[PDB]
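Consider the following structure, which contains onalespib.
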Amino acid sequence: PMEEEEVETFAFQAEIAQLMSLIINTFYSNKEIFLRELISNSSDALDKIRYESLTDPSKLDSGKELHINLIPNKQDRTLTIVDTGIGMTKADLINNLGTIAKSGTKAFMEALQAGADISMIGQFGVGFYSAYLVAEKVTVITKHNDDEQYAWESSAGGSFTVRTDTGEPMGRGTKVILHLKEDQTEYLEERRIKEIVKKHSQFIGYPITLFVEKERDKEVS
Ligand SMILES: CC(C)c1cc(C(=O)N2Cc3ccc(CN4CCN(C)CC4)cc3C2)c(O)cc1O
C-alpha cells in the first residue's frame, strides 16, 4: 500500500502474440536491423514534433532540442534509445504497442514462414517487435504534451503492462530500454553500434550521440 500507481495489464492481440512467439522462438539471422527500426521510429516522432512546432513553438516548452541518444550499459546489459520526439499518449501506447491488430502482421508471418529475411519487418508495420530478436524484456517510457508520462513493459509471453510512470521524467519523447539476451550482448559494444548505425541508419535528420564509458576513474571502477 502506501503509494499507489495505475498499472494496467493487457494481452497482445492474437496475431501480434503469434508473431512475437515466432520472433523469440525461431532462429533468424541478421538481427542487427532492430536498431534501424528503433531509430526510424525515433526519427518519425522527431519529425512530428518538429512539424507541429512550425505552427506552435509552445509545443517545444517541454524540450527544445530534437535529438537521439544511444546508451549501452554493460552493468545491467541494457541498450537504451532515447529521443525527444512527440512522444505517445496513453491511447497511442495501447493502440500501437499491442492491443489491436496491425494490418501487416499475418502477411509478415507468412513471409517469415517462407524464409523472408527478418529485415522486411519494418515494411510490414510491425518493426517495433524486432526488439524481441535481441531483448528478453523491453520497457518503453513515453511523454506527450498535455498527457502524463507512461511506461509500457513486456517480456512477451502474450502480455504487456501500461503504467503511469512517476519515475525519471523525460520532458517529452520516448525512451526504449532493451534488456538484451545473453547471446546478444554484442550490441553493447561501441564498435558494433557504430558499425550498424553507419550501415543501416545514415542521414537521420537529427543528431545521434553514443554514450560511452571510457574514462571511468580507477578509484570508483
Ligand atoms: C516504441 C516505438 C513504437 C517508438 C515510438 C516512438 C514515438 O514516440 N512515436 C510517436 C510517433 C508519432 C508519429 C509517428 C509516425 N507515424 C507512425 C504510425 N502512425 C499510424 C502514423 C504516424 C511515429 C511515432 C513514434 C519513438 O519515439 C520511438 C520508438 O521506438
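The numbering of chain A matches the PDB entry: 11-231, in order. Order of listing sets the numbers, starting from 1, for every ligand and every atom in it. Just so it is clear, the values below take in all heavy atoms, side chains as well, and ignore hydrogens, waters and symmetry mates.
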Hey, where's onalespib in this structure? All the copies, please. ligand 1
Going by UniProt, what is the chain that binds onalespib (ligand 1) with the most atom pairs under 4.5 Å called? Heat shock protein HSP 90-alpha
In onalespib (ligand 1), which numbered atoms sit nearer than 4.0 Å to a non-hydrogen atom of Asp93? 26 (C), 27 (O), 28 (C)
How far is atom 25 (C) of onalespib (ligand 1) from its nearest protein heavy atom, and which residue and atom is that? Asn51 O, 3.8 Å
Any protein heavy atom at under 4.0 Å, with atom 29 (C) of onalespib (ligand 1) as the reference point? yes
Looking at atom 23 (C) of onalespib (ligand 1), is any protein heavy atom nearer than 4.0 Å to it? yes
So, regarding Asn106 and onalespib (ligand 1) (criterion: nitrogen or oxygen to nitrogen or oxygen, under 3.5 Å), is there a contact or not? no
Out of curiosity, what organism is attached to chain A in the PDB? Homo sapiens
In the protein, which heavy atom is nearest to atom 1 (C) of onalespib (ligand 1), and how far is it? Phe138 CD1, 3.6 Å
Could you tell me, atom by atom, which parts of onalespib (ligand 1) come under 4.0 Å of a heavy atom of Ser52? 27 (O), 28 (C)
Looking only at protein heavy atoms, which one is nearest to atom 5 (C) of onalespib (ligand 1), and how far off is it? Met98 CE, 3.7 Å
Side chain, backbone, both or neither: which applies to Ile96 and onalespib (ligand 1) if a contact is any heavy-atom pair less than 4.0 Å apart? side chain
Atom 20 (C) of onalespib (ligand 1) within contact range, any protein heavy atom under 4.0 Å: no
Which of the numbered atoms in onalespib (ligand 1) are under 4.0 angstrom from any heavy atom belonging to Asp54? 14 (C), 15 (C), 23 (C)
Please list, in number order, the atoms of onalespib (ligand 1) under 4.0 Å from a heavy atom of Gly97. 8 (O), 10 (C)
Interfacing atoms of onalespib (ligand 1) (cut-off 4.0 Å, heavy-atom, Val186): 30 (O)
Verify the contact flag for atom 3 (C) of onalespib (ligand 1), where contact means a protein heavy atom under 4.0 Å away. yes
Under the 4.0 Å line, does any protein heavy atom show up next to atom 8 (O) of onalespib (ligand 1)? yes
If you take every non-hydrogen atom within 4.0 Å of onalespib (ligand 1), which residues does that pick out? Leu48, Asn51, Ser52, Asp54, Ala55, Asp93, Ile96, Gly97, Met98, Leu107, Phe138, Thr184, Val186
Would you mind listing each N/O atom of onalespib (ligand 1) next to any protein N/O under 3.5 Å, plus the distance?
unit_1, atom_1, unit_2, atom_2, d
onalespib (ligand 1), 8 (O), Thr184, OG1, 2.7
onalespib (ligand 1), 27 (O), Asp93, OD1, 3.2
onalespib (ligand 1), 27 (O), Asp93, OD2, 2.5

